[PDB]
Amino acid sequence: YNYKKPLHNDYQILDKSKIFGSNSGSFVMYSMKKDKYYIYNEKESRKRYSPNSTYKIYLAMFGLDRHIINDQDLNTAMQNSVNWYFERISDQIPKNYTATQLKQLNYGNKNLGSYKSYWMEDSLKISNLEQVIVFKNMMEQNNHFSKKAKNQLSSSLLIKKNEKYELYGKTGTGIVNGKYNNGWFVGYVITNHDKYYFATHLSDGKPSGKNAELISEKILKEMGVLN
Ligand SMILES: *C(=O)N1C[C@H](NOS(=O)(=O)O)CC[C@H]1C(N)=O
C-alpha cells in the first residue's frame, strides 16, 4: 500500500537528491529535542516496501520479550545479520502475539502472509516514514517492552561510538532475479545534545543495504548531526 496518514508536524522538506545521485529513494529523520521530522522525497517515503533484515529489530524485541533470547548470541547475530537466528525466533512466536504487537506498534500493513519469513520480500510492507515513526515510538514511548530489552537491542545495533556521537542501525537488502531490489538502513544517533531517529530507503539504481548506509552517513554528516 501507501502510508497515507497525515503527519501533524511542521516537518522540514529536504533536498538530498545530489547525495542520492543515480539512486532513487527517500530519507526521514526525527529530532527528539526539537520534536521535528525532516523528509527528503515525501512521496517515496510513504510507499510501502518489504523491510527485509531491518525487521530483525522487532524480531529481537519479540525474542527478548518472550525470553526466547535469554541470559552465537544477539550481538553477533544482529551485526552479521545471521538469518537462521531470526527465522527461528519468528517460528517460536505465536501468530496472535505477533499480530497483536504489529497492531500496537502500527507496523506498516501488518500483513503476516504465510507466517514464514513474511518480512523478506513477501507480505509485510512498511514505508520509510513509518520506519522512523514506529522505531522512535517503540523505543521512546512503548512501555510494554522493558528497558532491559531495549538496552540489549541497542547494544546489538551499535555501529560507531566516539566522543562526538553513537551510531546505531540495521541494514536490509532485498534481492529479486539475482540483483539488488530494495535497500534499507534504519537507526538512530545519540549526540551530546540530541537524539535522532532516521531511515534511508533505496527503490532503484543500486538499492543495496550498504548503499543505504553510506548515503545515510553522508546526509547525517552534511546536516551536522555528526559534528
Ligand atoms: C536482510 O535484509 N538480509 C539478511 C542479510 N543481511 O542483510 S544486510 O547485509 O543488508 O544487513 C543478508 C541480506 C538480506 C537477505 N535478503 O538475505
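Numbering of residues begins at 1 and proceeds along the displayed sequence. Counting convention: from 1, in listed order, for ligands and their atoms alike. Any value given below was found using the heavy atoms of this structure, including those in side chains, with hydrogens, waters and symmetry copies removed. Recorded method is X-ray crystallography, 2.0 Å.
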Colleague: Determine the main partner chain of ligand 1 by heavy-atom contacts and give the name the PDB entry assigns.
Modeller: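 The chain with more contacts than any other is Regulatory protein BlaR1.
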Colleague: Can you identify the drug molecule modeled at ligand 1?
Modeller: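 Its PDB name is avibactam (bound form).
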Colleague: Evaluate the 4.0 Å heavy atom contact test for atom 17 (O) of avibactam (bound form): does a protein atom fall under the cut-off?
Modeller: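 Within 4.0 Å: no protein heavy atom nearby.
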Colleague: Would you kindly specify which portion of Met120 sits under 4.0 Å from avibactam (bound form), judged on non-hydrogen atoms: side chain, backbone, both or neither?
Modeller: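 The part of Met120 near avibactam (bound form) is the side chain, not the backbone.
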Colleague: Assess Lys170 for proximity to avibactam (bound form): is some non-hydrogen atom of it under 4.0 Å away?
Modeller: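 Yes, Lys170 has heavy atoms under 4.0 Å from avibactam (bound form).
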Colleague: Please report which non-hydrogen protein atom sits nearest to atom 12 (C) of avibactam (bound form), along with the residue it belongs to and the distance in Å to one decimal place.
Modeller: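 Ranking protein heavy atoms by distance from atom 12 (C) of avibactam (bound form), first comes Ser53 OG, 4.6 Å.
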Colleague: Are any of the N/O atoms in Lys56 less than 3.5 Å from those in avibactam (bound form)?
Modeller: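 No; every N/O pair is 3.5 Å or more apart.
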Colleague: Show the atoms of avibactam (bound form) that are less than 4.0 angstrom away from any heavy atom in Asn52.
Modeller: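 Within the 4.0 Å cut-off of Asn52, avibactam (bound form) contributes 2 (O).
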Colleague: Counting only heavy atoms closer than 4.0 Å, does avibactam (bound form) sit against the backbone of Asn83, its side chain, both, or neither?
Modeller: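 The answer is the side chain.
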Colleague: Would you say atom 14 (C) of avibactam (bound form) has a protein heavy atom nearer than 4.0 Å?
Modeller: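 Yes, there is a protein heavy atom closer to it than 4.0 Å.
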Colleague: Considering only the protein, which heavy-atom contact is closest to atom 9 (O) of avibactam (bound form), and what is its distance?
Modeller: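 Minimum-distance protein heavy atom for atom 9 (O) of avibactam (bound form) reads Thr171 OG1, 3.9 Å.
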Colleague: Who's the nearest protein heavy-atom neighbour of atom 10 (O) of avibactam (bound form), and how far?
Modeller: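 Closest protein heavy atom to atom 10 (O) of avibactam (bound form): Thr173 OG1, 2.9 Å.
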Colleague: Give yes if a backbone or side-chain nitrogen or oxygen of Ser81 is under 3.5 Å from a nitrogen or oxygen of avibactam (bound form), and no if not.
Modeller: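 Between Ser81 and avibactam (bound form) (N or O atoms, distance only) the closest approach is under 3.5 Å.
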Colleague: Does the deposited structure record a covalent bond between avibactam (bound form) and a chain, and if so to which residue and atom?
Modeller: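 The deposited model shows a covalent tie to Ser53 OG.
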Colleague: Which residue in chain A annotated by UniProt as active site is closest in heavy-atom terms to avibactam (bound form), and at how many Å (rounded)?
Modeller: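 The closest UniProt active-site residue of chain A, by heavy-atom distance, is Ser53, 1 Å.
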Colleague: I'm curious which residues sit within 4.0 Å of avibactam (bound form), going by heavy atoms - can you tell me?
Modeller: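 Heavy-atom contacts: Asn52, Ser53, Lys56, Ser81, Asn83, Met120, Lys170, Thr171, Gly172, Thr173.
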